Participant: 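Here is a structure with vamorolone.
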Amino acid sequence: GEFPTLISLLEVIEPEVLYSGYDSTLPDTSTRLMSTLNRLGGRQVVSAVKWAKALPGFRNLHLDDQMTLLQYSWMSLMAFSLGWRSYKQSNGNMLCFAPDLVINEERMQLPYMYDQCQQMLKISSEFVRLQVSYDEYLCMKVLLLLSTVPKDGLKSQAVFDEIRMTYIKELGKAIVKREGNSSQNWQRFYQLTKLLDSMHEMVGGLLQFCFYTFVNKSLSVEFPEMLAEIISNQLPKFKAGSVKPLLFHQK
Amino acid sequence: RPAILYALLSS
Ligand SMILES: C[C@@H]1C[C@@H]2[C@@H]3CCC4=CC(=O)C=C[C@]4(C)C3=CC[C@]2(C)[C@@]1(O)C(=O)CO
């Protein structure tokens with residue numbers, strides 16, 4: 001109903017922004033920067049689990065489906081959230097990983113940092129180009145949680161299909177709020193669902209580098225236990241080609 | 001399989 005509205009629930013369950021504790025007294029190194037970012041990321045993923053448990057409908061899914069969706073989508077959630085923070089703090093000019101850890105053009109020059117930061121900046125630049133509202137962002141972020149699935153389907157497929165329909169309608173409500181006409185509303189829905197589809201390609205490159213760093217420990221970068229457990233499960237499924245994106249537009 | 005994740009989701 002409207003007391004409370006679903007969108008007000010999404011606003012109140014959004015986690016607070018975490019700080020990194022990064023020590024910038026001495027110069028950066030790619031190893032200590034990436035290890036700091038992985039540790040922050042593990043803490044952000046724990047917050048994302050608490051968020052997902054609070055999402056209306058999510059706990060109607062089989063527990064194994066809840067585990068699968070979070071394991072498959074965590075990088076999309078974290079990159080999208082990073083895009084929003086970077087949009088609000090710097091209009092997408094810098095990557096705001098935490099309020100005490102902002103990556104500018106010079107830190108991107110570190111070894112192995114440039115290509116991954118370029119992909120993350122592209123996400124932030126889309127929020128700028130489309131002038132995404134907070135409520136559009138919140139609805140789109142739920143849909144990312146529901147956008148990467150096993151090819152063999154989920155245990156609670158019918159529940160999942162209904163959850164996805166509910167939050168697609170909620171994104172529509174957030175669009176209509178901007179007070180455009182019906183034709184403008186459909187065009188904006190097209191633009192935002194195209195952005196959602198593009199996240200699979202933009203995040204796929206981030207995952208491949210993450211997987212590479214996890215497996216080969218290039219420069220011996222550390223991962224927290226939370227990410228190491230998820231990555232250890234996610235990588236074989238992705239490598240076997242057993243995962244598929246759910247797309248709004250035919251590819 | 002992932003212990004921390006399962007412990008969190010089990011409440
Ligand atoms: C190439 C990847 C991108 C990964 C991500 C990108 C998204 C994100 C947003 C945050 O604000 C905090 C942490 C993460 C989750 C982050 C940290 C480092 C990464 C895992 C990575 O740099 C490594 O693999 C290094 O080892």
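The chains referred to below are lettered A, B, ... by the order of the sequence lines, with proteins before strands, and numbering in each begins at 1. We read in the header that X-ray crystallography, 1.6 Å was used to get this structure. We count ligands from 1, going down the list as the structure has it; atoms in each ligand are counted the same way.
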Participant: Identify all ligands or chains assigned to vamorolone.
Facilitator: ligand 1
Participant: What name does the PDB entry give to the macromolecule most in contact with vamorolone (ligand 1)?
Facilitator: Glucocorticoid Receptor
Participant: So, with a 4.0 Å heavy-atom cut-off, what else is touching vamorolone (ligand 1)? Just the chain letters, please.
Facilitator: A
Participant: At a 4.0 Å heavy-atom threshold, which residues contact vamorolone (ligand 1)?
Facilitator: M34(A), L37(A), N38(A), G41(A), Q44(A), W74(A), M75(A), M78(A), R85(A), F97(A), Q116(A), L206(A), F209(A), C210(A), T213(A), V221(A), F223(A)
Participant: When you measure from atom 21 (C) of vamorolone (ligand 1) to every protein heavy atom, which one gives the shortest distance, and what is it?
Facilitator: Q116(A) NE2, 3.8 Å
Participant: Against heavy atoms of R85(A), which atoms of vamorolone (ligand 1) measure under 4.0 Å?
Facilitator: 10 (C), 11 (O)
Participant: Return a yes/no value: protein heavy atom under 4.0 Å from atom 14 (C) of vamorolone (ligand 1)?
Facilitator: no
Participant: Considering heavy atoms of the protein only, find what lies nearest to atom 5 (C) of vamorolone (ligand 1) and give residue, atom and distance to 0.1 Å.
Facilitator: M75(A) SD, 3.9 Å
Participant: What residue and atom, counting heavy atoms only, is the protein's closest point to atom 23 (C) of vamorolone (ligand 1), and at what distance?
Facilitator: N38(A) OD1, 3.7 Å
